[PDB]
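Quick note: numbers on chain A are straight from the PDB entry, i.e. 4-260, in order. Heavy atoms only: backbone and side chains are in, while hydrogens, waters and symmetry mates are out. All ligand and atom numbering here is 1-based and tracks the order in the structure. For this deposited structure, the header notes the method as X-ray crystallography, 2.0 Å.
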Amino acid sequence: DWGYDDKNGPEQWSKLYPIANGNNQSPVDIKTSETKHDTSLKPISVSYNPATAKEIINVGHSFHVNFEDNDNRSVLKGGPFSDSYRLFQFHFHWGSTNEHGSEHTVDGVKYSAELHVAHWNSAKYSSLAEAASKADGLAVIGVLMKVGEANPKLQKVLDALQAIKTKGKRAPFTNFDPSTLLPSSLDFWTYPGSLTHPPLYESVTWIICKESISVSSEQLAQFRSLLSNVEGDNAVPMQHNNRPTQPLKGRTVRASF
Ligand SMILES: CC1(C)OC(c2ccc(S(N)(=O)=O)cc2)=C(c2cccc(F)c2)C1=O
Ligand SMILES: CC1(C)OC(c2ccc(S(N)(=O)=O)cc2)=C(c2cccc(F)c2)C1=O
Ligand SMILES: CC1(C)OC(c2ccc(S(N)(=O)=O)cc2)=C(c2cccc(F)c2)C1=O
Ligand SMILES: [Zn+2]
């Protein structure tokens, strides 16, 4: 139903998903003059087991790399968290052009694309499903991506894309540690927010990295070469899937630095 186009995109979401106009919506513009340093913030600690990598799948508006959810082999802790959060997938957002495709912005600056590494609170909840709509249910690391030099760490992901050309296509995807996609500095901002597309639950603690990572124009072109349609239908390229930033509505963005 929803999407990113002229008829079903972000401007239209609040019709079926009224929380689109909520007070903890994501993404946001991080104004660095207005962030608050939090000395009680601990360093971010991620520990992912490459063996938890399971599959890669075209979900129509995007593609996802899913991880096995059985145990806490791959976890995120530290930062603002009391609980350990279990990794369950990562994915990207990008734009119609190579220069304008991220979701979060920093001091009004839009980046080329964005990496999201999603986790759920398995310490407190029974399942991803139970956590999905709890204020403290999900944790997502966002990394801003800036077009420039090719990023060698993306290669395994990119090579898999030809195996998931149309909506619903899935392929095995194993032995990969997405922490290798993270920048060297783990300075970060954090703020309370939401999924950046429907159902838009305000269930997400966001961790946004201070440093960007690279991506080349040719690599972004591989993202856009995916199709949003089901095989057999007319081809619709997966051209863009980033949401505009949303008002902070009183929220405070905390900085670890
Ligand atoms: C909108 C609705 C019902 O939700 C999902 C979906 C939910 C959660 C996650 S995830 N990986 O947990 O974030 C990913 C996808 C799909 C979906 C799943 C596989 C292939 C596909 F083409 C679509 C849907 O059709
Ligand atoms: C299977 C999986 C991952 O789980 C949930 C989900 C489960 C339970 C609850 S809750 N907290 O019980 O209301 C909330 C969400 C969805 C889901 C995805 C898109 C739209 C939607 F409405 C639900 C999924 O695709
Ligand atoms: C609640 C639960 C498990 O989480 C997500 C989800 C996670 C992270 C982000 S994001 N872009 O990082 O904020 C956005 C959405 C979905 C989901 C729903 C519909 C389609 C889909 F592909 C995924 C879910 O069903
Ligand atoms: Zn995302």
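In this entry, more contacts with ligand 2 come from one chain than from any other, and UniProt calls that chain Carbonic anhydrase 1. The drug at ligand 2 is polmacoxib.
The residue-level binding site of polmacoxib (ligand 2) (heavy-atom cut-off 4.0 Å) is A132, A135, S136, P202, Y204. Counting only heavy atoms, the protein never gets under 4.0 Å from atom 24 (C) of polmacoxib (ligand 2).
Residue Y204 places no N or O, backbone or side chain, under 3.5 Å from any N or O of polmacoxib (ligand 2).
Of the protein's heavy atoms, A132 O, 3.4 Å lies nearest to atom 9 (C) of polmacoxib (ligand 2). Less than 4.0 angstrom separates atom 16 (C) of polmacoxib (ligand 2) from none of the non-hydrogen atoms of the protein. The protein heavy-atom contact nearest to atom 13 (O) of polmacoxib (ligand 2) is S136 OG, 4.0 Å. Note: chain A touches polmacoxib (ligand 2) mostly through UniProt domain Alpha-carbonic anhydrase.
On a heavy-atom basis, rounded to 1 Å, the UniProt active-site residue of chain A that sits closest to polmacoxib (ligand 2) is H64, 9 Å.
Per-atom contact check: atom 21 (C) of polmacoxib (ligand 2) touches the protein, criterion being a heavy-atom distance below 4.0 Å. For atom 2 (C) of polmacoxib (ligand 2), no protein heavy-atom neighbour is present inside the 4.0 Å cut-off.
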